Enquirer: 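Here's one more: a structure with AZD7762 in it.
We're numbering straight along the sequence, starting at 1. Determined via X-ray crystallography, 1.9 Å. Counting starts at 1 for both ligands and their atoms, in listed order.
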Amino acid sequence: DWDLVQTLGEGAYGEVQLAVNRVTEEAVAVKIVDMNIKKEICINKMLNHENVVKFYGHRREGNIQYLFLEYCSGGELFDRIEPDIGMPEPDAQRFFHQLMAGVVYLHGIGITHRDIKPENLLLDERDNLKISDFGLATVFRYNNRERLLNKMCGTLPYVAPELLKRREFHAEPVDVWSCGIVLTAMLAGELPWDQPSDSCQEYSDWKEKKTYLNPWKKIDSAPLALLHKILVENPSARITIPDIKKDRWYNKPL
Ligand SMILES: NC(=O)Nc1cc(-c2cccc(F)c2)sc1C(=O)N[C@H]1CCCNC1
């Protein structure tokens, strides 16, 4: 059926192989996991959008799952972020538009990803950004009724502060915050804090508006002003995606 040509990634999660069709030479990605995966499959089956990694199907051979996925030859966004520099501002803006499109799509169908970070955003052959790895994703809305979440999911530098502080919390502002951290990384090549908490010096400095320090001094006033609306501790005063779409920098031709 498919020839496994090479490893695209490996981790405790499992591995990702580039597979090439024996007859047609079509290339796809195959995520292989040795048995959570049932849910990842379930969620993947719900998705159809240009800014999400497309799911083609799956096959279970014993205890091993093979998920057939759209091959994104551009790799992880993470490898486009030059350490302590980031990337040109216009590329950052374009990737952010595309990230927003994907997140808007997921939220529209009541799905929250919960693990948004540059390692889980892939780039296709035309450098279009695609949301990847739905292994922590879940439903937060059923028939116009929202459920608040309580699970400790994600990676600390990207997680919203309410995740640590509150007994439960709305899904959407958590994904928005992580998108702001990804935006900061893209602009400055630097994560702003290890943990979103007052005991982290870099976090308090941000709340004390010390943007003369890194990474904020590397960032132009315009996108910086977007980041002040996104990286807001109180999730109820945090900017929503409909209002992100109205931000001056977001709409600035670059
Ligand atoms: N779908 C697809 O092409 N996948 C895909 C393709 C990748 C890739 C593409 C080109 C060059 C290269 F070195 C890697 S990496 C990757 C992937 O899904 N990695 C995961 C591992 C777990 C952490 N999140 C990213």
Enquirer: If I want every instance of AZD7762, which ligands or chains should I look at?
Expert: ligand 1
Enquirer: List the chief contact partner of AZD7762 in this entry, with the name from UniProt.
Expert: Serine/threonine-protein kinase Chk1
Enquirer: Any idea which residues from other chains are within 4.0 Å of AZD7762, non-hydrogen atoms only?
Expert: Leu8, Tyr13, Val16, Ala29, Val53, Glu70, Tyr71, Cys72, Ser73, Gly75, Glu76, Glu119, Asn120, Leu122, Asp133
Enquirer: What protein heavy atom is closest to atom 5 (C) of AZD7762, reported as residue, atom name and distance in Å?
Expert: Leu122 CD1, 3.6 Å
Enquirer: Determine the minimal heavy-atom distance from AZD7762 to the UniProt active-site residues of chain A, naming the nearest residue; round to 1 Å.
Expert: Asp115, 7 Å
Enquirer: In the protein, what heavy atom is nearest to atom 23 (C) of AZD7762, and what distance, to one decimal place, separates them?
Expert: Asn120 OD1, 3.4 Å
Enquirer: Under 4.0 Å from any heavy atom of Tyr71, which atoms of AZD7762 are there?
Expert: 3 (O), 9 (C), 10 (C)
Enquirer: Give the residue and atom name of whichever protein heavy atom lies nearest to atom 7 (C) of AZD7762, and the separation in Å to one decimal.
Expert: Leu8 CB, 3.8 Å
Enquirer: Which AZD7762 atoms does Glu76 reach within 4.0 Å, using its non-hydrogen atoms?
Expert: 25 (C)
Enquirer: Does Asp133 reach AZD7762 with a nitrogen or oxygen that is under 3.5 Å from one of the ligand's nitrogen or oxygen atoms?
Expert: yes
Enquirer: Which residue holds the protein heavy atom closest to atom 1 (N) of AZD7762, what is that atom called, and what is the gap in Å?
Expert: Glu70 O, 2.9 Å
Enquirer: Any nitrogen or oxygen of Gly75, main chain or side chain, under 3.5 Å from a nitrogen or oxygen of AZD7762?
Expert: no
Enquirer: If you count the atoms of AZD7762 from 1 in the order shown, which ones are under 4.0 Å from a heavy atom of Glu119?
Expert: 23 (C), 24 (N), 25 (C)
Enquirer: What UniProt domain of chain A accounts for the bulk of residues touching AZD7762?
Expert: Protein kinase
Enquirer: What protein heavy atom lies closest to atom 21 (C) of AZD7762? Include the residue and the distance to one decimal.
Expert: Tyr13 OH, 3.5 Å
Enquirer: Which residue and atom name correspond to the protein heavy atom nearest atom 10 (C) of AZD7762, and how close is it?
Expert: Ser73 O, 3.4 Å
Enquirer: Considering only heavy atoms, which residues of chain A annotated by UniProt as ATP-binding lie under 4.0 Å from AZD7762?
Expert: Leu8, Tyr13, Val16
